[PDB]
Structure formats: structure tokens, C-alpha cells
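See structure below.
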Number of protein chains: 2
Amino acid sequence: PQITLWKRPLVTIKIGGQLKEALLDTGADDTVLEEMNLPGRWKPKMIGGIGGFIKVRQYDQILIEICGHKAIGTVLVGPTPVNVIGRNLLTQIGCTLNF
Amino acid sequence: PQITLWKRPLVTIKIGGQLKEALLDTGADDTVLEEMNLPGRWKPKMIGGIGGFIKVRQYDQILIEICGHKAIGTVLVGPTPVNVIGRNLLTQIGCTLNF
Ligand SMILES: CC(C)CN(C[C@@H](O)[C@H](Cc1ccccc1)NC(=O)O[C@H]1CO[C@H]2OCC[C@H]21)S(=O)(=O)c1ccc(N)cc1
């Protein structure tokens, strides 16, 4: 589809057998999701933006479905104010910016 | 143009007669630039990101050219980790997400 930017580009995703809402975020290097109890091992990481850094748990090779498009890759989990699908997964669904 | 997301969607912008590099950021409502001298009146404001809130100077109705596309709108100046072009200007240059 085509998504205009009048409002936040929020879409439904499916991750770990759960449905959530997330932003399609071209400004996010990596996908970051609200606190959720995913199984498997993980690695500590800190990610920075406006306001400073938050601590997140890095899970690798996580399957996510974004508008029926499947992708699998890194998912960071932590106390983020919003769920963002970052470029690491946006590339996998064929997402481009166009003007 | 059509911009893929294998690397950061960085573009050259012109603001206040100066060239700068900036990130096309669909997850940003607003446009936030690093500390710089901008001609015009400004008001102090707060803006919140992934790591908390920062103090910015709000400049209204500023001319800004993004990759050869003119916009006139609000620009926030403050200690952002990187220059981000948010939706308030992305809409003006006709930017959409497509997949
Ligand atoms: C600042 C960017 C270079 C990086 N950010 C993505 C960006 O889209 C955030 C994503 C975002 C969105 C909402 C809340 C927090 C973070 N937007 C943002 O900070 O925008 C602010 C300016 O406009 C306002 O509108 C939203 C917040 C304000 S980030 O959230 O900090 C981030 C950093 C690293 C990763 N892997 C993922 C995300």
C-alpha cells in the first residue's frame, strides 16, 4: 500500500503470536517494541535518541508479520514509549520513501 | 525519488542559507535540528523522544529545502542526536511510505 504521513504511520504487526500496533519508522535503525516476555536468549543493549538512552533486550531472528508481509530479524525489547518498526525490518517488506 | 532503507535515509537540506545533512524520519512528528544559528524569532519548548524530554527553540514558518523540495514550517533546534526531518515537513514535500 501507500501510507501518507498526515498522521503517525501506525500498522498492526504480529510477533510471538500476539498482535500489536507499531510505527513504520524510517528514522529507527532497528525495531524496538514495548516490554514483552519473549522466549529465548537475548543480549543487553542501549539505544539512544532524543532525550538520551534506554536499556533494551536484543532478540535475534524474531519473526514479525507487518500488514501480511513477513520478516525475520532483530527485535529490541524495552521501556520504549512507542513500538517502532525500524529499517532492519522495513527493508524486508519492500518499504520505500517516495516523493 | 524513491529511497530504499538499507542505509539511513540521509539527505542534504538547505536552511537559513546553509547546507546540512538530515534524516528523513517518519517516526518523528516534528523536525528537530542540532544547535545552529537561525534568523527569526523563537520560543522555548519541550519535545520528548525515546530517552526523555529536551529543551528546544521553536522557530515557526521557516523556509527549508529538502532534496530540492521546498517546505515552510516549524523547526525545533536543540540537542538532538541527529538532524531529523519529521512528518510536519515530510507531508509538505509529498513524502509517502510504500510497500
Ligand atoms: C531520533 C531518531 C534518530 C531515532 N529514533 C526514531 C524516531 O523516529 C523517534 C521515534 C519515537 C516516536 C515517538 C516517541 C519516541 C520515539 N521519533 C522522535 O524522537 O520524534 C520526536 C520529534 O518529533 C516528535 O514526534 C515523536 C517523538 C518526537 S529513536 O526512537 O530514538 C530510536 C533509536 C534507535 C532505534 N534502534 C530505534 C529507535
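Chain IDs: alphabetical, in sequence-line order. By the PDB entry numbering, chain A shows 1-99, in order. Using the numbering of the PDB entry, the residues shown for chain B are 1-99, in order. Below, each value reflects all heavy atoms present in this structure, side chains not excepted, and no hydrogens, waters or symmetry copies. Both ligands and their constituent atoms are indexed starting at 1 by order of listing.
Sitting at ligand 1 is the drug darunavir. Among all chains, the one with more heavy-atom contacts to darunavir (ligand 1) than any other is, according to the PDB entry, Protease. At a heavy-atom cut-off of 4.0 Å, other chains contacting darunavir (ligand 1): A, B. Annotation: A:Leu76 places no N or O atom under 3.5 Å from an N or O atom of darunavir (ligand 1); distance criterion only.
Which of B:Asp30, B:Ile50, B:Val82 comes nearest to atom 30 (O) of darunavir (ligand 1) through a heavy atom is settled by distance: it is B:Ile50.
Residue contact annotation: A:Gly51 has no non-hydrogen atom under 4.0 Å from darunavir (ligand 1). Close N/O approach between A:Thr31 and darunavir (ligand 1) is not found [any backbone or side-chain N/O within under 3.5 Å].
Using a non-hydrogen distance threshold of 4.0 Å, A:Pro81 registers as a contact of darunavir (ligand 1). Source organism (PDB entry) for chain B: Human immunodeficiency virus 1. Heavy atoms under 4.0 Å from darunavir (ligand 1) belong to A:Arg8, A:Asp25, A:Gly27, A:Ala28, A:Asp30, A:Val32, A:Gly48, A:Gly49, A:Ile50, A:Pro81, A:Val82, B:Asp25, B:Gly27, B:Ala28, B:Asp29, B:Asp30, B:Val32, B:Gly48, B:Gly49, B:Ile50, B:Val82, B:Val84.
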